[PDB]
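Here is the structure we will look at, set down as structure tokens.
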Amino acid sequence: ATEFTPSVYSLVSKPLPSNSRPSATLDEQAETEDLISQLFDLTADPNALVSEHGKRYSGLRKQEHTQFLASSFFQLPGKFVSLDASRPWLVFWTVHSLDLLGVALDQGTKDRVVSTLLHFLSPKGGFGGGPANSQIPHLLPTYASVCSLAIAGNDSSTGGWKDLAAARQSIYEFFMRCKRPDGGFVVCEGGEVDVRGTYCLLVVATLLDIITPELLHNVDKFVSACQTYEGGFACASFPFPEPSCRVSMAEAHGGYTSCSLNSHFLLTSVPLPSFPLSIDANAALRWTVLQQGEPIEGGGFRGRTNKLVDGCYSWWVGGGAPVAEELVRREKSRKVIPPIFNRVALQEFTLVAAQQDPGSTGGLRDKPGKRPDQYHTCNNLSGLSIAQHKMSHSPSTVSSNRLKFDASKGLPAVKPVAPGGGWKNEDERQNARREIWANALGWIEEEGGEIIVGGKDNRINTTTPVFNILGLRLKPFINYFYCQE
Amino acid sequence: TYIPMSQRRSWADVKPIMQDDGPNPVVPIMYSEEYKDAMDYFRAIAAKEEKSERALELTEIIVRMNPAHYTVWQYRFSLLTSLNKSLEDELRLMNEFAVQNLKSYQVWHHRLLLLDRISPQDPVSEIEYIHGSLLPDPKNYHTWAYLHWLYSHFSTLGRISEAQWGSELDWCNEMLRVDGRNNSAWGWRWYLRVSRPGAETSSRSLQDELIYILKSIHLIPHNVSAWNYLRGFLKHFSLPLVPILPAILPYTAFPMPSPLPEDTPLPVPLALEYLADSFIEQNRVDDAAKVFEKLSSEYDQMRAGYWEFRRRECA
Ligand SMILES: N#Cc1ccc(Cn2cncc2CN2CCN(c3cccc(Cl)c3)C(=O)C2)cc1
Ligand SMILES: CC(C)=CCC/C(C)=C/CC/C(C)=C/COP(=O)(O)OP(=O)(O)O
Ligand SMILES: OC[C@H]1O[C@@](CO)(O[C@H]2O[C@H](CO)[C@@H](O)[C@H](O)[C@H]2O)[C@@H](O)[C@@H]1O
Ligand SMILES: OC[C@H]1O[C@@](CO)(O[C@H]2O[C@H](CO)[C@@H](O)[C@H](O)[C@H]2O)[C@@H](O)[C@@H]1O
Ligand SMILES: OC[C@H]1O[C@@](CO)(O[C@H]2O[C@H](CO)[C@@H](O)[C@H](O)[C@H]2O)[C@@H](O)[C@@H]1O
Ligand SMILES: O=S(=O)(O)C[C@H](O)CNC1CCCCC1
Ligand SMILES: O=S(=O)(O)C[C@H](O)CNC1CCCCC1
Ligand SMILES: O=S(=O)(O)C[C@H](O)CNC1CCCCC1
Ligand SMILES: [Zn+2]
């Protein structure tokens, strides 16, 4: 199981060679290499039986991380005003982390989470970063709020899922107001256009059964043109004057590569003709694996070429690996097994380098020398989950889903903005509903694929690729909106 | 001491609106007196859709405390257009924001909206500002994406001259001279030399580009940025790997490698990837598999699984 995933401790740690040309990049790199390698040297090998005397223990300090999240969940100091427009993310980062850590919230606390988020919902459609009387709707808190409601909500009158069902038409209309002709979306009224918006929108549209042909037109082309010569994806593509050509507007980045791969994957389950426009899956896989750092930098992922390793990219880059892998698999099958990244090294980075030093605040972090935060806690843990559990998209599971789908059950179809913007007929809509739902529930935990570095006490729960919520949350949530319970 | 807006005669006609959090909200922020007061009055201003100078002043107060407040930024731009405010003056304020370390997606997008609306006949001074702003922060992602937009948007309007493109390449070359490992600058070179609609891509132009790439490799053999650019370049123009192999072969043990520079341990993992891919080009699948196996077991063990996958793909 670990034949092709060598431990950092079993490898030689050497600095990135200078080639006798110093530069600012290398100065930062060497400094970071020093920070990480020195902590690895002070820490006992998580794999060892004789956990050596005097060395720091690398076990996942779940209770410290629980306390970290608890201490900021009910009150934040005045300085956190910098995240006032991101409060649904503070909710999501907390509730998803607790889910991963296996810590349950009581119903009273869950009800507070639901109430808080529902006040962020505008009657015109979508969630904002704060109350509806304070902030306008935005694609990103819409994803964060919807996922948080999947985690903390339920099907009762006070559970919030009822409110989402009623808001389906307005949310759809908000999504359509965000739509640009080239396939891009503004994140909010007068806001920026990038693949974060596309990803957040496609997740929500998939979950709430509000996908139409008019919503998706050119969306595949926008995303596909974000792929750079490096293999990853940039923030956006520019349509040159329907457009003559589309050009990527910046570097391949882990964040935008995650959003792009996930967006593309969601689009593949929508049965529209010659849709979605293909991406280069092999180039995307290559870029992904190349961002895993050397032994000296602890085998964590960096966000872009010649930049620094960072715990949060365990989710953004690591969590894209099973998506890229599946797309590569499909392409080879269209023309006509060892792990694809170092699952062991990534867990070692998380346990050894990304945890706050013991007996302190707890929480997980970017790298040694950086204060832990909610964002890094969530993304380190989400990435750790991907490394611990071999997630695969199973065609046989998708087939079983198709066989049990009940098309006669469902919520009212959304009314399209344009008269011809909907599905051609009910047969085609129901076929689409089936495909979208069946594929959304296609991710499985491979039997015998589990690798828990440092022993079973380090085990966290299995997150779902693409969505980044637990399968146990995803299933009843999507079943509710498709009426498949 | 702070004077509450309820005590100010300029705001006497305005009834503030409290934040509608609902009962016992999670993740509440203990807002400062100043921020709460400003938001209470913004809520009232925005609800009544007042477009005034006091509303404009208020939005600046809020974004200084929270540069990421997208709602307030949206309202600010509406105010600038409604009041017919000097957008050039607003640009100068945005320059000050960068100096005062106030930054976000929102500030950069606001800048985009301003340049779109101003729509100068020659955007050279804005291009110059952007170059200067990259000095303390040579890899700032937002700045690089904005530069791509600026040149893309204004080129569609026919407003970028050949001289302007020339000086941009000159500037990009200098950035890569200062730091050859700046992947953002490599990405900008790709735009200038390959992807942009007006890029010169004749036979001799591709020859010159190959020379530049290889010389960059020979200068910094372990530079991943340079290797990714080479592989991207050959792939995009469907150019065989074999004829360039003599220039790469020394790193597996047209411009050729230098005695090699000091601190250059061999082999270079991406040179081996090149060698293996060149074998596949020659339909020599067994020789390719042998290189992937060596990468997996000896020369790039972090990616042991990936290189094994590539090895199995040959067999
Ligand atoms: N978006 C974004 C983004 C931009 C830059 C980074 C780069 N990055 C990597 N480690 C830390 C960072 C800095 N991030 C922290 C999280 N965050 C944020 C705030 C609200 C929501 C979300 Cl998801 C993220 C930011 O905007 C800025 C990461 C993420
Ligand atoms: C769903 C959603 C909202 C996804 C967002 C994904 C994400 C992590 C995006 C990062 C975007 C960005 C501008 C990074 C550069 O920041 P930097 O220069 O501070 O970091 P760096 O040095 O690692 O590149
Ligand atoms: O590796 C499979 C399985 O074995 C367990 C113990 O049941 O842990 C062993 O393997 C880990 C990874 O190779 C080592 O870090 C650990 O020291 C060893 O006991 C499980 O945790 C793991 O899933
Ligand atoms: O910026 C104010 C300006 O924008 C509009 C729409 O273009 O309204 C938006 O902003 C209001 C204040 O935040 C919100 O109440 C509204 O929901 C949002 O669409 C104009 O109506 C307004 O003049
Ligand atoms: O000296 C190069 C030689 O050492 C190995 C491991 O035996 O790689 C180490 O040194 C590299 C720097 O030259 C690091 O990038 C790498 O992380 C480290 O393991 C061999 O792979 C390499 O051929
Ligand atoms: O979060 S963890 O590190 O796993 C758990 C905390 O360290 C609690 N450690 C206690 C110290 C006093 C004796 C009982 C145990
Ligand atoms: O019509 S609805 O969207 O349901 C309700 C109002 O539009 C909300 N407008 C807010 C005013 C204060 C700033 C944030 C927006
Ligand atoms: O389940 S197994 O992987 O075989 C072994 C246990 O998980 C080991 N966990 C340790 C127990 C003693 C305190 C520190 C953690
Ligand atoms: Zn980070």
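As listed: the chains are lettered in turn, A, B, ..., one for each sequence line. So for chain A, numbering is the PDB entry's, and the shown residues are 2-242, 255-349, 371-519, in order. Chain B is numbered as in the PDB entry; shown residues: 5-257, 272-276, 278-334, in order. Because only heavy atoms are used, hydrogens play no part in the values below, and waters and symmetry mates are left out as well, while side chains stay in. In listed order, ligands and their atoms are each counted from 1.
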Main binding partner of ligand 1 (name per the PDB entry) | Farnesyltransferase beta subunit
Drug name (ligand 1) = L-778123
What are the letters of the other chains having a heavy atom under 4.0 Å from L-778123 (ligand 1)?
-> A, B
Which residues lie close to L-778123 (ligand 1), i.e. with a heavy atom under 4.0 Å?
-> A/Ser87, A/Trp90, A/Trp94, A/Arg197, A/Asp323, A/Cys325, A/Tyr326, A/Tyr409, A/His410, B/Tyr109
Verify atom 10 (N) of L-778123 (ligand 1): protein non-hydrogen atom under 4.0 angstrom away | yes
Numbering the atoms of L-778123 (ligand 1) from 1, which are under 4.0 Å from a heavy atom of A/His410?
-> 10 (N), 11 (C)
Name the closest protein heavy atom to atom 8 (N) of L-778123 (ligand 1), giving the residue it belongs to and the distance to 0.1 Å.
-> A/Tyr326 OH, 4.2 Å
Which atoms of L-778123 (ligand 1) have any heavy atom of A/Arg197 under 4.0 Å away?
-> 1 (N)
So, for atom 1 (N) of L-778123 (ligand 1), does the protein have a heavy atom nearer than 4.0 Å?
-> yes
Does the protein place any heavy atom closer than 4.0 Å to atom 27 (C) of L-778123 (ligand 1)?
-> no
Please check if a non-hydrogen protein atom sits closer than 4.0 Å to atom 6 (C) of L-778123 (ligand 1).
-> no
Contacting atoms of L-778123 (ligand 1), where contact means under 4.0 angstrom from a heavy atom of A/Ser87 | 20 (C)
Please identify which atoms of L-778123 (ligand 1) are closer than 4.0 Å to at least one heavy atom of B/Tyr109.
-> 1 (N), 2 (C), 4 (C)
Taking both backbone and side-chain atoms of A/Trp94, is any N or O found less than 3.5 Å from an N or O belonging to L-778123 (ligand 1)?
-> no
Which organism of origin does this entry record for chain A?
-> Cryptococcus neoformans
Provide the name given to chain B in the entry.
-> Farnesyltransferase alpha subunit
Atom 12 (C) of L-778123 (ligand 1): nearest protein contact (heavy atom, Å) | A/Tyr409 CE2, 4.4 Å
For L-778123 (ligand 1), which atoms sit closer than 4.0 Å to a heavy atom of A/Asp323?
-> 9 (C), 10 (N)
Identify, by atom number and element, the atoms of L-778123 (ligand 1) in contact range of A/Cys325, meaning under 4.0 Å from any of its heavy atoms.
-> 9 (C), 10 (N)
